[PDB]
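To start, the structure itself, in structure tokens.
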Amino acid sequence: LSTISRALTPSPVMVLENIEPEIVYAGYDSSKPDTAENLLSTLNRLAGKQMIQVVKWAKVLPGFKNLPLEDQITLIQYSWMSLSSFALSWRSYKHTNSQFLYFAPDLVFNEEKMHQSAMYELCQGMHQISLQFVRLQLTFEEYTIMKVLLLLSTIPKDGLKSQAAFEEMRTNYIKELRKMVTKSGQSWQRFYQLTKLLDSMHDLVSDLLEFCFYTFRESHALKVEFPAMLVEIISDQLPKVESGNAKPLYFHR
Ligand SMILES: C[C@]12CC[C@H]3[C@@H](CCC4=CC(=O)CC[C@@]43C)[C@@H]1CC[C@@H]2C(=O)CO
């Protein structure tokens, strides 16, 4: 054990900041008409590019790499939607002050786009999270920890290969959050507000997935395109979810 090495080691929070992926661009073609077909296909394309960066992020995520390859794949598949809309809400909060849905720098949604996307209510749900970020003045530190917790929010009804190791890393990250919001009195209130917001993601993600699975099934009739990345994810996720094999983890309720 090195006295120096231990003192110079980055806190998990600092590591989260270092590994956070750079903002990804959607490659949105502004010359094409803003119809549901084009906007949804474009969002799905963006989703793909983002998931590729998410996997690289999870690969170097403290504690995550120590999980069986099998569990890592499962966790990612189960949570990809949760991480997507949560990151969406964050960028919207930071770069727009929650005035718009900042899917990407080249793709910012206003009320109009929301209507044209044919998923207006789902957009309102995600936007409502951003509004909360404003009311709470959420910090980037709290954000990164919470995003990690979401990665570990849905598991197999029966469990992962290394259930013990998983509950460990999870509990450690929860503790990391407690420490953040403490930097008590208003600390306990803060922590509960954040865990309560994390739980609320499940009903939101449930509705987002329902529409995702629907548009996936009717992809041809709707003319909605999906990148191989998402085809790969949804193909395997959809049946597990509809089979009741996905188990949501809550803090309350
Ligand atoms: C999957 C989805 C398109 C892709 C988006 C997702 C909502 C969250 C999200 C946030 C992003 O920053 C990139 C795209 C994305 C992952 C939508 C919910 C339903 C919609 C469709 O099902 C289109 O067919």
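By the numbers in the PDB entry, the shown part of chain A spans 727-909, 914-983. Atom set for the values below is all heavy atoms of this structure, side chains included, hydrogens, waters and symmetry mates excluded. Read the numbers this way: they start at 1 and go in the same order the structure lists the ligands and their atoms.
What sits at ligand 1 is the drug deoxycorticosterone. Lab note: most contacts to deoxycorticosterone come from the chain the PDB entry lists as Mineralocorticoid receptor. Residue-level proximity to deoxycorticosterone for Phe946 is absent, since no heavy atom of it falls below 4.0 angstrom. The backbone and the side chain of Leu769 each have at least one atom closer than 4.0 Å to an atom of deoxycorticosterone (non-hydrogen atoms only). Close contacts of deoxycorticosterone with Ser810, meaning ligand atoms under 4.0 Å from a residue heavy atom, involve 8 (C), 9 (C), 10 (C), 16 (C).
By the 3.5 Å distance cut-off applied to N or O atoms, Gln776 is counted among the residues near deoxycorticosterone. The UniProt domain of chain A that supplies most contacts to deoxycorticosterone is NR LBD. For deoxycorticosterone and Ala773, the ligand atoms under 4.0 Å from any heavy atom of the residue are 14 (C), 16 (C). Per the entry, the organism of origin for chain A is Homo sapiens.
Residue contacts with deoxycorticosterone: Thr945 is placed with a nitrogen or oxygen under 3.5 Å of a nitrogen or oxygen of the ligand (distance criterion only).
The shell of residues lying under 4.0 angstrom from deoxycorticosterone, judged by heavy atoms, includes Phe956. In summary, the atoms of deoxycorticosterone found under 4.0 Å from a heavy atom of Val954, numbered by their order in the structure, are 24 (O). In summary, the atoms of deoxycorticosterone found under 4.0 Å from a heavy atom of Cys942, numbered by their order in the structure, are 22 (O). Listed by number with element, the atoms of deoxycorticosterone under 4.0 angstrom from any heavy atom of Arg817 are 12 (O).
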